[PDB]
Visitor: 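Got a structure for you, questions after.
A note on names: the letters A, B, ... follow the listed sequences, proteins ahead of strands, and every chain is numbered from 1. Only a slice of the deposited entry appears, and the contacts counted are all within that slice.
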Amino acid sequence: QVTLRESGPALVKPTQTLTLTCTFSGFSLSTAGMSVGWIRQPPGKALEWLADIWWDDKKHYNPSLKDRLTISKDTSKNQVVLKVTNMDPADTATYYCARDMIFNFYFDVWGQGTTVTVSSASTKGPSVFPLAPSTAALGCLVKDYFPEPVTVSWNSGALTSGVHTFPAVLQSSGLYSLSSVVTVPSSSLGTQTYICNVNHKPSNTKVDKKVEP
Amino acid sequence: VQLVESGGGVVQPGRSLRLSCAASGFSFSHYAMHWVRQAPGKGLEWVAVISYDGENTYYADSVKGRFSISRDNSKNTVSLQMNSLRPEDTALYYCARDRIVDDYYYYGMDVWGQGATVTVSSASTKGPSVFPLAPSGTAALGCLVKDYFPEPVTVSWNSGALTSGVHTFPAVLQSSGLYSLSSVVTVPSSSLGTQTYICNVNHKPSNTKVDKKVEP
Amino acid sequence: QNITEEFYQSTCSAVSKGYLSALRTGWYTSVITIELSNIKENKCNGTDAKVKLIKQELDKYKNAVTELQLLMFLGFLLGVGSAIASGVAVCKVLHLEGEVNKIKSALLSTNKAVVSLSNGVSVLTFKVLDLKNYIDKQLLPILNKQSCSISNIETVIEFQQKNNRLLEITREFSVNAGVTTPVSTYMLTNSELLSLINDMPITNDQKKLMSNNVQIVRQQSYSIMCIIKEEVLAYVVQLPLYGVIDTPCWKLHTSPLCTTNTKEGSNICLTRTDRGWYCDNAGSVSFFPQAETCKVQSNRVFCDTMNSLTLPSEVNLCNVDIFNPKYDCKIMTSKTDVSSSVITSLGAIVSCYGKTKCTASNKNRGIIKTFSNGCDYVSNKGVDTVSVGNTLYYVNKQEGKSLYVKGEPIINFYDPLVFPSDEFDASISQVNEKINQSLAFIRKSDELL
Amino acid sequence: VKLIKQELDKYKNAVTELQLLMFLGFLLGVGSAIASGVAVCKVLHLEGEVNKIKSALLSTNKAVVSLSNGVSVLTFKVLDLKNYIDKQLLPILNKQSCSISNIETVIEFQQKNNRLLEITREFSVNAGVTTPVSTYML
Amino acid sequence: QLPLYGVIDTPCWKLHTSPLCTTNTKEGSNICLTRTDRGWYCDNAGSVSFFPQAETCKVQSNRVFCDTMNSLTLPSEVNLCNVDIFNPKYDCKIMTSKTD
Amino acid sequence: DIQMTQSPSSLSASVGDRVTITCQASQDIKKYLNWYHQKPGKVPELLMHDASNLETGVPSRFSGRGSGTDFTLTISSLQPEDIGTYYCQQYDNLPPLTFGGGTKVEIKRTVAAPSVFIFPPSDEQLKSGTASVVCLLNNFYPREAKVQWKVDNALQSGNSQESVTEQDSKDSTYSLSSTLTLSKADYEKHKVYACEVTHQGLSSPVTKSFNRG
Amino acid sequence: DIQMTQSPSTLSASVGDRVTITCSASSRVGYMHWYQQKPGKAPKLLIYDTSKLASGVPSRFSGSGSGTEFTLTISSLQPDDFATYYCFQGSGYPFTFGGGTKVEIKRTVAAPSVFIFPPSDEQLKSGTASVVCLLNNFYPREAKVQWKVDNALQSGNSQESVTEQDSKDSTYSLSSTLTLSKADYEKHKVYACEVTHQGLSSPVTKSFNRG
């Protein structure tokens with residue numbers, strides 16, 4: 001079966017050049033009719049075609065991000081490489097690599113992907129501010145951290161129902177933030193004590209906070 | 001190469017019931033499809049046919065105007081709609097594939113589903129009670145399956161592991177209007193006391209499922 | 001479940017409207033080159049089986065080179081053209097001074113390049129086989145002079161393998177006076193061909209069309225032997241350019257329609273003569289009279305615009321209402337009451353006349369319908385075979401719905417004896433006037449008397 | 001080995017091309033010459049119909065098989081490249097060391113493979129329909 | 001796809017035709033005449049299958065190979081056209097011209 | 001509507017016997033006839049079409065003959081797995097396709113005397129106020145047998161039901177059950193229960209009995 | 001460059017209801033191609049050559065169309081069909097994708113539970129004040145959050161994150177974070193959150209007085 005796989009740094013600083021290595025098997029890029037293409041998907045946005053290349057070394061590029069694209073191949077290592085200059089955080093997205101054929105101008109086989117992050121921000125510690133109560137809802141807020149991912153458990157995973165961890169939202173400081181919340185019986189306040197523990201592996205920080213009125 | 005029916009069960013006379021047939025393993029949209037029915041202990045009766053493209057349909061005279069056959073080639077599905085059912089409609093209903101492709105003539109059937117049981121009746125549903133037929137160099141043992149309605153019941157031995165020497169007699173109608181049968185097995189007598197024999201009786205219409213061990 | 005068909009009883013004809021067009025509108029000319037090795041002279045004495053075989057094969061190589069050196073109804077309205085006029089034109093240019101050298105120069109480093117020739121036309125060029133490097137560098141220096149001992153026999157196999165492609169090419173041109181069609185694999189391999197397709201300035205869809213149907217492209221292509229000047233063999237492959245794609249197409253089937261009065265002769269016949277393929281392409285309709293020129297791959301219909309007339313879109317009205325005042329529908333008339341059948345795309349039209357046995361049969365049940373003297377139609381679904389007299393027609397087994405359009409056969413409106421019956425490419429209005437003329441002459445000639 | 005490799009590419013290229021393919025007189029009327037032949041072809045495009053025929057032809061090279069249309073058809077396995085390639089060729093090409101002993105193996109493979117190549121060639125230049133039927137074909 | 005030959009060993013005959021014109025001394029002013037039913041004829045079901053284009057028929061001495069799909073099936077009275085062209089039983093097909 | 005008549009309704013023959021069943025149509029159906037075999041408890045199997053053309057995998061011992069209105073199915077070497085019911089069906093022109101009434105074919109193993117067993121009612125059933133005594137006749141031929149119940153040596157009538165199986169697909173016998181049903185009160189008012197069997201395989205009637213307790 | 005539009009951009013349907021997706025393009029094209037994508041997983045090819053079924057794809061799916069108008073149809077909307085669907089074309093460069101069609105399940109309704117959280121005291125010490133507004137267990141996804149401070153509208157100083165549809169009750173939850181400097185926070189008295197949703201007969205307002 002054809003299988004493709006993406007590789008490339010997960011993080012890259014703005015203006016730097018982004019290099020990507022797509023490797024594959026199941027088919028030779030040298031065989032007549034064969035092609036490999038690059039396609040990207042910004043967060044919560046539609047898919048965008050980027051570039052492709054054929055066995056006869058024909059190259060094509062999308063005018064929108066032109067002239068920032070460079071594509072090349074090496075049938076020897078069964079891999080294709082694409083370069084993007086002058087990165088912008090607009091480009092933060094998940095990219096896929098996929099095969100193409102002249103017999104059929106569509107992408108039949110797809111890499112599981114690699115994603116890339118663009119920011120000057122890098123390592124950091126986050127600040128848990130807990131949302132106090134006053135059916136009852138309470139939650140913890142994780143402010144000012146980078147990068148993703150970060151996660152939340154309650155009581156160390158004893159409390160799971162009622163809980164809703166929110167997809168983190170980017171701020172303009174370039175940092176990430178998120179709030180999660182558990183609803184609970186109103187009568188269990190003051191006797192039942194809620195604890196939310198955040199695990200920030202990228203900066204090796206496990207903060208336990210006690211949530212109380 | 002597989003056909004699975006569904007939708008069988010009890011329906012009060014005058015009321016309606018819909019059967020469905022799911023197909024797999026062959027080029028479904030290229031075969032005419034038939035329905036055939038068989039009342040317990042009786043012969044085969046052709047019921048209806050639909051052409052491979054669904055343009056033409058034909059029905060048995062005994063169900064004309066009351067039954068309607070249809071198909072969905074996009075879902076590999078055949079259905080049989082049965083309206084204003086009579087007690088004489090009680091039977092096992094088979095889904096079956098025509099043997100010939102893309103034809104407006106109809107021929108025999110070479111692939112048959114296992115069938116769905118449909119019972120049309122004013123009698124109430126009742127589950128069976130299972131009694132042991134105790135043994136006292138070959139011994140016979142068994143199970144008495146008494147007082148049930150409607151047909152059919154299934155009986156197996158050792159969850160299907162025991163099939164040799166098994167005789168499951170046809171149901172008898174009692175003056176009470178309920179059915180009853182017995183199932184008996186002959187096993188080597190040296191096996192009694194050591195090998196476990198338990199009769200598995202299933203009566204689908206009453207949701208009754210009883211496993212009963214038979215001892216000397 | 002794409003393609004459909006309609007039969008018109010009124011005009012004894014049928015139209016299939018599920019087709020898509022594939023028109024060749026133009027030509028693209030590419031130059032294929034083979035760098036050849038000149039030889040003079042293998043001089044190995046002593047006949048050793050290993051020596052004789054290489055020599056014999058080299059003799060085969062030289063003779064090929066030498067041979068090449070040595071080479072230097074309706075339808076009548078379509079007019080004539082020169083299929084290879086485009087290709088011959090390219091060949092002519094190649095006969096110029098060091099033009100060979102210009103192209104021989106660009107292809108030294110890569111096997112693919114566009115060279116602008118002095119005509120000014122830019123042409124894709126291909127060096128697919130370099131026997132020269134192998135022959136001049138591996139073979140030739142060992143052979144000269146007197147002692148030649150060739151060891152490792154796998155070498156003579158390699159040379160025969162390499163040389164073989166050249167031999168089939170020299171063979172084909174030899175039996176085709178230097179123009180071959182269709183273009184064989186030996187002349188241009190599939191990889192070479194697919195590579196050729198990608199640099200042609202057509203739509204990504206047009207490339208797509210050609211690549212799934214390479215076998216069709218070959219039949220509409222020409223290979224033209226040009227020159228062997230310098231040390232290079234050069235021939236031009238002429239490929240079709242399909243400027244018209246995905247426009248609705250339809251095929252018209254017709255058959256003789258006659259009255260079925262009981263007498264022996266005294267009958268009048270009628271037949272629509274505008275049969276063939278029709279396609280929408282530039283607001284008009286391209287009509288292909290000879291439907292041999294059109295190849296079918298289910299959804300796609302491949303035609304050559306050279307054998308066509310460009311007709312007004314009003315031509316479709318002849319299928320629905322033949323008496324429309326907007327277009328004079330082309331027909332023919334006859335007293336020839338002869339039974340025949342016409343197999344359509346999704347069925348068969350049966351023109352049954354006289355005492356002739358006309359029947360339709362299924363493979364399983366046998367005869368299922370006996371026709372009653374006239375023009376009828378039967379679907380492909382419930383019928384597998386048709387027999388008209390002693391001749392048996394097989395019916396097409398595709399999928400698709402057909403529609404029987406009932407209507408009184410048109411031939412019944414005319415009184416015999418006043419009917420013009422010897423008309424080959426006439427028309428409705430052209431018939432009416434002769435009847436009118438004959439209606440005037442019959443009607444005026446008694447008024448006076 | 002390179003020669004075998006080249007021939008095996010030829011074997012494959014042949015395979016690839018096939019995969020890719022998927023006075024008076026005017027009174028006589030028209031018919032479809034291959035309507036009969038085309039009809040069979042169509043039937044063969046169904047599920048494990050191929051498998052049905054592949055089953056009957058494993059032991060003998062000749063058997064009559066009834067297809068789901070109902071038509072019984074004479075079947076012939078005239079060339080078993082599979083067996084030659086799997087039993088003669090494949091164990092030799094994959095000897096860890098790409099040795100090859102003697103040349104008769106490449107001659108033998110070119111000889112057997114040759115017939116398929118002419119057939120793939122004719123179909124290639126005939127859009128999958130040839131007439132007359134050549135010796136290579138039968 | 002192989003041919004199945006249902007009609008074998010029935011008598012066959014081939015009709016050759018040629019232009020017939022008056023040979024009056026004048027320059028043009030001549031009238032010509034030609035039988036148009038040239039081709040192969042064969043007995044097959046009490047009738048005669050007629051193959052107009054005899055290009056379509058292959059010959060091996062005794063055996064005449066034709067394809068019935070490119071044929072018309074005619075009544076046995078066609079033989080009268082060879083013996084008496086003015087017979088009341090069959091209207092023999094011809095063509096006329098001034099082309100001498 | 002075309003009528004299909006099959007004969008006989010049932011027949012008896014020995015293993016290895018040649019067995020012929022007949023089908024008659026109410027009108028000319030040429031050879032548009034199918035044959036089916038239905039083993040007990042199983043779905044029908046198509047044996048042949050066009051009156052005589054066997055399906056692939058169908059044993060060679062089956063052959064069909066006939067045309068018009070009269071047809072025969074012949075088994076040249078009757079095998080144990082051939083039991084059940086055989087059905088003819090027409091598909092001449094228009095539907096309804098119609099089946100024959102079916103022909104049950106039974107296999108004869110030479111006259112065979114029944115093995116007799118008796119089962120007292122269970123203790124669990126006695127709690128219900130009902131006592132069922134079961135008499136089993138196992139693996140006998142021919143079908144004909146007289147089974148008589150005796151309670152305290154007195155012949156019983158009107159208080160028993162019999163059930164007989166279709167013939168077995170392996171050893172060519174029938175089995176028979178005879179059930180004596182009494183109220184708990186009548187059953188315990190007697191001591192000994194016996195079923196007496198008379199059959200062609202037994203020189204004299206065989207009696208099996210038990211005493212309560 | 002050609003540009004693709006796609007409708008409905010959002011659609012929801014009950015199991016078994018027919019589903020129709022229409023694609024519109026600025027220029028005529030040969031074929032329309034279709035892709036299925038689950039969240040975060042690489043996209044899969046569904047339909048090719050406008051109507052041809054790809055391998056692994058259910059006959060439940062089908063394609064149709066020509067020129068600039070093409071449609072995708074799911075004969076009977078099954079749970080495993082939950083995804084975003086994109087129209088694609090390789091007919092002319094640059095290649096484009098659909099605006100994108102998101103499918104779920106029609107219909108379901110839920111009114112939001114609304115809560116409000118003043119900034120924590122630990123945070124008020126760091127020099128920042130975050131007020132959080134919470135809408136719990138609602139549907140449809142459409143909901144308007146309006147923040148008021150001493151009755152004035154706030155713009156550009158709020159962020160809104162919403163929750164994944166739940167595998168149990170199929171509702172969404174949303175969070176709205178108003179971010180101010182500590183200074184600005186203590187400069188005002190009342191903080192209010194006004195919610196507008198289809199399940200609400202009249203705008204609900206949760207609020208608090210600072211301290």
Visitor: Choosing from secukinumab, ponezumab, motavizumab, bimekizumab, what was placed at chains A and G?
Guide: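 Of secukinumab, ponezumab, motavizumab, bimekizumab, it's motavizumab.
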Visitor: According to the entry, what name goes with chain A?
Guide: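 The name in the entry is Motavizumab antibody Fab heavy chain.
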Visitor: What molecule name does the PDB give for chain G?
Guide: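 The entry uses the name Motavizumab antibody light chain.
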